[PDB]
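Here is a PDB entry that includes sifalimumab.
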Amino acid sequence: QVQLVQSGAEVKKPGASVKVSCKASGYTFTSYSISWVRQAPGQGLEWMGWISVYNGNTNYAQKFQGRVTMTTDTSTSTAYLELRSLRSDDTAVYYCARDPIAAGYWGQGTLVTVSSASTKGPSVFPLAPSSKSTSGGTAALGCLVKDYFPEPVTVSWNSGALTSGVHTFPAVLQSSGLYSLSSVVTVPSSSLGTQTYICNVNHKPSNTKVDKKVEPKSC
Amino acid sequence: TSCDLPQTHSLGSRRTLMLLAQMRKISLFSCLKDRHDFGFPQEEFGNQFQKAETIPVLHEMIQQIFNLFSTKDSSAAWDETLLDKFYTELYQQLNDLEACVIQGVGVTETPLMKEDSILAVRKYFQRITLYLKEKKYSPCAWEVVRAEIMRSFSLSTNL
Amino acid sequence: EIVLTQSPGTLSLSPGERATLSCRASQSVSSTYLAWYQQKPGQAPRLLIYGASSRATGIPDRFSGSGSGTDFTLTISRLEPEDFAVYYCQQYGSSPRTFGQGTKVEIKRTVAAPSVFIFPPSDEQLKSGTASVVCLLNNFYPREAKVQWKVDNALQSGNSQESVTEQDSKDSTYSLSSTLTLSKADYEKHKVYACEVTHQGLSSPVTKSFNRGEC
Ligand code: NI
Ligand code: NI
Ligand code: NI
């Protein structure tokens, strides 16, 4: 099987650089040229440039000309992409894709997160179940995971036991620069007596693991 | 592979015909009158010069050959290992043609965008397809097609 | 530069129906240099069609493509659930390769009114000096829903964010979480907090609301 496997996620401050990489296998590296498509969160694909793995020729989108260099290493069959003087809006999943188009070969993509926010763990506040969150035999409760950087937070319920009624919402980049996210679970409401509900929010980048009980209160 | 020699890239490879050769199984004269005149449009190619107009016509021809020989049927009809070598060669030429285009060599800028010529090649393959369907993809039907593409594709080359 | 403009932005069909995606180039492209991709959440693009018609390997017969000059079309003859995804076209006969802005093909299903819940702030956050109030719309269709925050009947604005889920794999519905955030100083200078949801499948807008101290 042909496969392109790229490097891990990156988080950088503005003005820094990234050298994302993309390793080829299943074919002769030098025989096909590679290009880089980029995709900001919730937006389209954007073609950046193209490199002849064989001869080292390059074409670039004007947008990035003279700020990005693409290079390759034949010995390690790895194509690189350097991106300098990084901006907040370089936040995007970067892909390496292989020619020819008919080949259909792409990589899993590398996520670069450019921001002037600093690594930070999230506050975890309980969304308390009340009458104002009940509805005839079941009630919703949750956890607000607020003001963390960077992504991702992982969130589980009752140390992962009772969990097949959960909905965790996709994070939102606050205007401040920190991310935020809520996890709601709907449970049988009479169970708000016995069943203790704890959400477990783990944010590994800030070494953070918070456990929060969500206690009821009916208005 | 970097379009640094465009004369190379606007031709079809010799390795292509060679692989098609090896792919044969049953004889050629075994399939007596089990063959069509597929009306390939030779007009669309081999003009000594003006191999500027040609790049996209060769591009779609190869994309076509690929699509024809990439079906579940083709996979049944032909050897797994030759087909993989075949796709690699076909892939190479597309990769090479696409190289020239991405660096402003052989970029079609004419009103029709050479589409009339493309449609021609396309109709030629819709018939090849219709033939294999009509002949329930028999060994013969396939051998006729294999020999036909080989003849066809040769017009795009140095021979 | 050759700007591909895709249409519609979102196509809403139920499985079995026929999709017709459109792609339109700011100028003519040779059909040989036009492709189509299908992307699903958290995944790389996936080539459907190359050279304008030709199906990639593994791509099923129900997928077809046509077009020339400036206009091009992908057609999914009989939509399976597998297929609901974002679709992009790409040209690749010229200097910057360009993509269309994409069309979401999402499952159309019967209209479904949302279940609305509101959650007050927690003491822990209040101590910290902020008040976040979370409203929750559970399991609704269509995706279009209006959530208005009302602090003592003042229409709130610019001081909340929301996130919608992806269309659910089981019941094809959506859910939403608007969060209104205020400083403790602001929050305390007002009494009634209301989350007023309004959505196609509701006869009148549903308000959920509470009063401080009373929570
Ligand atoms: Ni910026
Ligand atoms: Ni070349
Ligand atoms: Ni006021």
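Just so we're on the same page: letters track the sequence lines, and every chain starts at 1. Below, all heavy atoms of this structure are taken into account, side chains as well, without hydrogens, waters or symmetry copies. Heads up, header says this was done by X-ray crystallography, 3.0 Å.
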- [ ] Enumerate the ligands or chains belonging to sifalimumab, duplicates included.
- [x] chains A and C
TODO: List the chief contact partner of sifalimumab (chains A and C) in this entry, with the name from the PDB entry.
DONE: Interferon alpha-2
Open item on the list: OK, cut-off of 4.5 Å. Which chain of sifalimumab (chains A and C) has the most heavy-atom pairs with chain B?
Closed with: chain C
Open item on the list: I need the epitope of sifalimumab (chains A and C) on chain B for my notes, heavy-atom cut-off 4.5 Å. What residues are in it?
Closed with: B:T1, B:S2, B:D4, B:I55, B:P56, B:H59, B:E60, B:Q63, B:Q64, B:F66, B:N67, B:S70, B:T88, B:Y91, B:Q92, B:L94, B:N95, B:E98, B:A99, B:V101, B:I102, B:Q103, B:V107, B:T108, B:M113, B:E115, B:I118, B:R122
Open item on the list: Quick one: what's the paratope of sifalimumab (chains A and C) for chain B with heavy atoms under 4.5 Å?
Closed with: A:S31, A:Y32, A:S33, A:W47, A:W50, A:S52, A:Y54, A:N55, A:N57, A:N59, A:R98, A:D99, A:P100, A:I101, A:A102, A:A103, A:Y105, C:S28, C:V29, C:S30, C:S31, C:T32, C:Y33, C:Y50, C:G51, C:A52, C:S54, C:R55, C:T57, C:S68, C:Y92, C:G93, C:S94, C:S95, C:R97
Open item on the list: I keep forgetting - what name does the entry give chain A?
Closed with: Sifalimumab heavy chain
